[PDB]
Protein chains: 2
Amino acid sequence: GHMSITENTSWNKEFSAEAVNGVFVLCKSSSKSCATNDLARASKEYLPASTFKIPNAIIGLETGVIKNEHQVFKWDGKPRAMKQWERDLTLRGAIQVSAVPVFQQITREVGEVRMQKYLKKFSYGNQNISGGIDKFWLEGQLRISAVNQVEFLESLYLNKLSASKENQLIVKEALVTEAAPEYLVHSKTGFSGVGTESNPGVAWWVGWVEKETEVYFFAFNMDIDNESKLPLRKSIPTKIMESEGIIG
Amino acid sequence: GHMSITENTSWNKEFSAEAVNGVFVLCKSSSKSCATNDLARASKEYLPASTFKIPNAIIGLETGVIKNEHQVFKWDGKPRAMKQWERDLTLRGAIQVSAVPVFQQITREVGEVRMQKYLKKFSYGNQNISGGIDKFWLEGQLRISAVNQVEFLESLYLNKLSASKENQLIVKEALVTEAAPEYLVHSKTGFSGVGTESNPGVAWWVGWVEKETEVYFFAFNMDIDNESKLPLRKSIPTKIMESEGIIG
Ligand SMILES: *C(=O)[C@H](NC(=O)/C(=N/OC(C)(C)C(=O)O)c1csc(N)n1)[C@@H]1NC(C(=O)O)=C(C[n+]2ccccc2)CS1
Ligand SMILES: *C(=O)[C@H](NC(=O)/C(=N\OC(C)(C)C(=O)O)c1csc(N)n1)[C@@H]1NC(C(=O)O)=C(C[n+]2ccccc2)CS1
């Protein structure tokens, strides 16, 4: 890439106030104007968890495993790890409620060869898909940094991923999470569970904010060993952006 | 063709409770299952006012007058009728604040001949562009019915207009007005003025609502001779959609 990134450790106070280890990366306009609380962690690769839905959906559409933007994913009737997943879902619905089994099925149908090819085209992390075709991003070896998430998202925002513009637009449509006349947020959450206290889990929030004629890309991750701390994955980024002029 | 529509006069309740003459057309899934409070008014053509920004944006992109979805429409610093228009705007921003001068400039560049052609391809209303390029949707002869709006919007939803899929997708993202995990609204307003008591203006609200795996298309218009009545263009459709269990 061509990222210019500045460490601003004053951003650490939002983390230390909550007794949390993580990083926030925030870029205005492009990856040529970025800042983070922690340069080292910004470039450190973690398990993507549900953030992998963004590339998975694009790859689904590119390969034709997902037939089109209007496809419904029907619940077969058999139980699932969350109740919110026990229903028929659109592409957007599945992404928004973060329905893992829908996406495990897409990936099985895609196959390792095509998966491997596309993660190379997207420069997605360490591009290591071993661990099982249906769980490399969930408990396998695939890892990605906050910096790389931002680069990836920027490419998607600009329709520069190696995929049709149509497919990128379909997925961007699925990622909208807040809409107002001159304020638009596209975003995706992730959470791997609580791991242990020796080896904590990871929580993510990644996306971008449009406000007037500006765009801001962001990626946040944190170590999480306690499910009660999970709200911080939005409140910390929100507070940093408030203090910068974005959400405030 | 192919619309099936039912008159349900119980929907007149919300209209007469506010002393308003108007029509609501609501369709579930497709134009094969529609209902309205007034069949004759459903098919009557009125000037589209700011709802014309939907086709106008598609045509802008199709002819290359709008370069892409990231184009910024710069303000020249000279007065505009609305304070909210006195700033640089994205395409989505210009649509959402209904920035008439941005779209007048788009229309001027498109020209009469190209405008005519796309209104024909879209079956948009009486397809009448007479009066001069500086007035037809405004001080002009173009008129469209609520039924024809619902047909137009269904085509757009299905990416079936005669326009690239990517241009239709661009315009759809510009139209999003509420986003939640399993509830998505795309909508546009219009208001032509107060006219006279004898010749009222028109106000519109058109769009569609995605809920779970269903879609509902809607178009509302009403006669308006008093600006204080304007909010009814949202509250009356809202009430009817609530009573049908949609607004959830
Ligand atoms: C589009 O429907 C409206 N455009 C018009 O240009 C007309 N406006 O008439 C009013 C605003 C009443 C006036 O005093 O000029 C018009 C005249 S002849 C014709 N065909 N159209 C825009 N609509 C609109 C609204 O729907 O409420 C406006 C106010 N908003 C601005 C920003 C956000 C929401 C609403 C401004 S013009
Ligand atoms: C995708 O990142 C999320 N993760 C999972 O499905 C995984 N674990 O989910 C648990 C531990 C919460 C569970 O028991 O269901 C998982 C394990 S290892 C791995 N890579 N993923 C979905 N995301 C998500 C979120 O990102 O916030 C959810 C929110 N949530 C969690 C718990 C309680 C209420 C809401 C749902 S799971």
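The alphabet sets the chain names here, A first, running in the order the sequence lines are given. Here chain A follows the PDB entry, giving residues 18-265 in order. The residue numbers of chain B are those assigned by the PDB entry, with the residues present covering 18-265 sequentially. If you're wondering, the header gives X-ray crystallography, 2.2 Å. Each ligand, and each atom within it, is numbered from 1 in the order the structure gives.
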Query raised in the report: At ligand 1, which drug or drug candidate appears?
Result: ceftazidime (bound form)
Report task. Look up in UniProt the name of the chain with the most contacts to ceftazidime (bound form, ligand 1). Result -> Beta-lactamase OXA-10
Report task. Show which other chains sit less than 4.0 Å from ceftazidime (bound form, ligand 1), counting heavy atoms only. Result -> B
Query - Region of B/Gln101 engaging ceftazidime (bound form, ligand 1) - heavy atom pairs below 4.0 Å - result: side chain
Query - Per-residue contact class, B/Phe153 against ceftazidime (bound form, ligand 1) - non-hydrogen pairs under 4.0 Å - result: neither
**Report entry** Proximity to ceftazidime (bound form, ligand 1) by part of B/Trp154, non-hydrogen separation under 4.0 Å
**Finding:** backbone
Query raised in the report: For ceftazidime (bound form, ligand 1), is there an N or O atom under 3.5 Å from any N or O atom of B/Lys70?
Result: no
Query raised in the report: Source organism for chain B according to the entry?
Result: Pseudomonas aeruginosa
Requested in this report: Tell me which UniProt active-site residue of chain B is closest to ceftazidime (bound form, ligand 1) and the heavy-atom distance to 1 Å.
Outcome: B/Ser67, 1 Å
Requested in this report: Kindly confirm or rule out an N or O of B/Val114 lying under 3.5 angstrom from an N or O of ceftazidime (bound form, ligand 1).
Outcome: no
Query raised in the report: Residue and atom of the covalent bond to ceftazidime (bound form, ligand 1), if one is modeled?
Result: B/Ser67 OG
Query raised in the report: Near B/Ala66, which atoms of ceftazidime (bound form, ligand 1) are under 4.0 Å from a heavy atom of that residue?
Result: 2 (O)
Query raised in the report: When you measure from atom 6 (O) of ceftazidime (bound form, ligand 1) to every protein heavy atom, which one gives the shortest distance, and what is it?
Result: B/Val117 CG2, 3.5 Å
Query - Protein heavy-atom partner closest to atom 5 (C) of ceftazidime (bound form, ligand 1) - residue, atom, separation in Å - result: B/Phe208 O, 3.8 Å
Query raised in the report: What beta-lactam-binding residues, per UniProt, in chain B have a non-hydrogen atom within 4.0 Å of ceftazidime (bound form, ligand 1)?
Result: B/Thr206, B/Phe208, B/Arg250
Query raised in the report: Which residues count as the binding site of ceftazidime (bound form, ligand 1) under a heavy-atom cut-off of 4.0 Å?
Result: B/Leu64, B/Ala66, B/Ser67, B/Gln101, B/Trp102, B/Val114, B/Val117, B/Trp154, B/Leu155, B/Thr206, B/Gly207, B/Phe208, B/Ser209, B/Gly210, B/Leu247, B/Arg250
